[PDB]
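The chains are labelled alphabetically, A first, in the order the sequence lines are listed. Here the PDB entry sets the residue numbers for chain A, with the shown residues being 101-199 in order. Note that chain B is numbered according to the PDB entry, with residues 1-99 shown in order. Only this structure's heavy atoms are used, side chains among them; waters, hydrogens and symmetry mates stay out. Per the header of the entry, the method used was X-ray crystallography, 1.2 Å. Every number for a ligand or one of its atoms is a count from 1 in the order of the listing.
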Protein chains: 2
Amino acid sequence: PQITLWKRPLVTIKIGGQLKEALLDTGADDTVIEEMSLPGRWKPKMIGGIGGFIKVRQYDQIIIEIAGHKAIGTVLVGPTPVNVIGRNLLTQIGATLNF
Amino acid sequence: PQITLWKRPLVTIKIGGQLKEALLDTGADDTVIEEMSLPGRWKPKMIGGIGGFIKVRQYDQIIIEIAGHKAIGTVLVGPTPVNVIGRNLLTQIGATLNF
Ligand SMILES: CC(C)(C)NC(=O)[C@@H]1C[C@@H]2CCCC[C@@H]2CN1C[C@@H](O)[C@H](Cc1ccccc1)NC(=O)[C@H](CC(N)=O)NC(=O)c1ccc2ccccc2n1
Ligand SMILES: [Cl-]
Ligand SMILES: [Cl-]
Ligand SMILES: [Cl-]
Ligand code: NA
Ligand code: NA
């Protein structure tokens, strides 16, 4: 699709058999999702956003569908008011910004 | 242009007479620029994201040239580590996400 930006670019994602809404975010290096169980071990990570840094749980090689496109990659889990799909997975679904 | 997302989507902007680099950020509602003076009236605002909130100055009707394309709108000025071009101005240059 071609998504305009008059509204937030929110799409459905599927992770763990569950549907969630998430933001397609060209400004995010990483993908950050609300607290949720994921399989396997996690590693520590600090990420910085507009208000400061937070600690998150880094899970690698997680299967996630994004707007019907399959990705398998790193998902950070931590406190965020919005689930964010960052460039690590936007590249896997072939997303570009155009004007 | 078509901008791939392997790297941060940084472009040159001109604002307040000044050339700067900024991030094309589909996950930002607002345009947030590093501390600088702008002409006219402003009012305080709090904006948030991961990590919490910051206090900003809101200037309305500010012109910014973004990768050669003029846009006008509200620009927030405050303690951001990165200049962010958010949706309020990305719409004005006709930017879309495509996959
Ligand atoms: C996700 C993460 C990997 C941590 N990356 C980032 O956060 C980088 C950090 C960079 C340096 C600091 C300044 C911002 C830039 C760009 N951001 C990406 C950037 O796209 C970031 C992603 C985001 C969206 C929504 C909610 C939280 C987080 N957007 C934002 O921070 C913008 C700022 C704004 N305009 O007010 N926030 C929002 O647009 C926004 C939307 C809904 C909300 C609901 C409740 C609470 C807060 C909400 N904030
Ligand atoms: Cl990844
Ligand atoms: Cl505006
Ligand atoms: Cl349009
Ligand atoms: Na894993
Ligand atoms: Na003004």
Please pick from paromomycin, voxilaprevir, plazomicin, saquinavir, amphotericin B the compound located at ligand 1. saquinavir
Okay, contact question: for saquinavir (ligand 1), which chain racks up the most heavy-atom pairs under 4.5 Å? Name from the PDB entry, please. protease
Provide the letters of the other chains having heavy-atom distances to saquinavir (ligand 1) under 4.0 Å. A, B
If the cut-off is 4.0 Å to any non-hydrogen atom of A:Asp125, which atoms of saquinavir (ligand 1) fall inside it? 18 (C), 19 (C), 20 (O), 21 (C), 22 (C)
Is A:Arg108 in polar range of saquinavir (ligand 1), meaning some N or O pair under 3.5 Å apart? no
Please determine whether any non-hydrogen atom of B:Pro81 lies less than 4.0 Å from an atom of saquinavir (ligand 1). yes
When you measure from atom 28 (C) of saquinavir (ligand 1) to each heavy atom in B:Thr80, B:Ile50, A:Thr126, B:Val56, which option holds the nearest one? B:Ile50
With a 4.0 Å heavy-atom cut-off (strictly under), which part of A:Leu123 contacts saquinavir (ligand 1): side chain, backbone, both or neither? side chain
Which of the atoms in saquinavir (ligand 1), numbered in the order shown and given with their element, are less than 4.0 Å from a heavy-atom of A:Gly149? 7 (O), 9 (C), 12 (C)
Are any of the N/O atoms on B:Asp30, whether in the backbone or the side chain, positioned under 3.5 angstrom from an N/O atom of saquinavir (ligand 1)? yes
Residues near saquinavir (ligand 1), heavy-atom distance under 4.0 Å: A:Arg108, A:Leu123, A:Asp125, A:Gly127, A:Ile147, A:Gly148, A:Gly149, A:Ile150, A:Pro181, A:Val182, B:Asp25, B:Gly27, B:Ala28, B:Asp29, B:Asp30, B:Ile47, B:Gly48, B:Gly49, B:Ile50, B:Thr80, B:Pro81, B:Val84
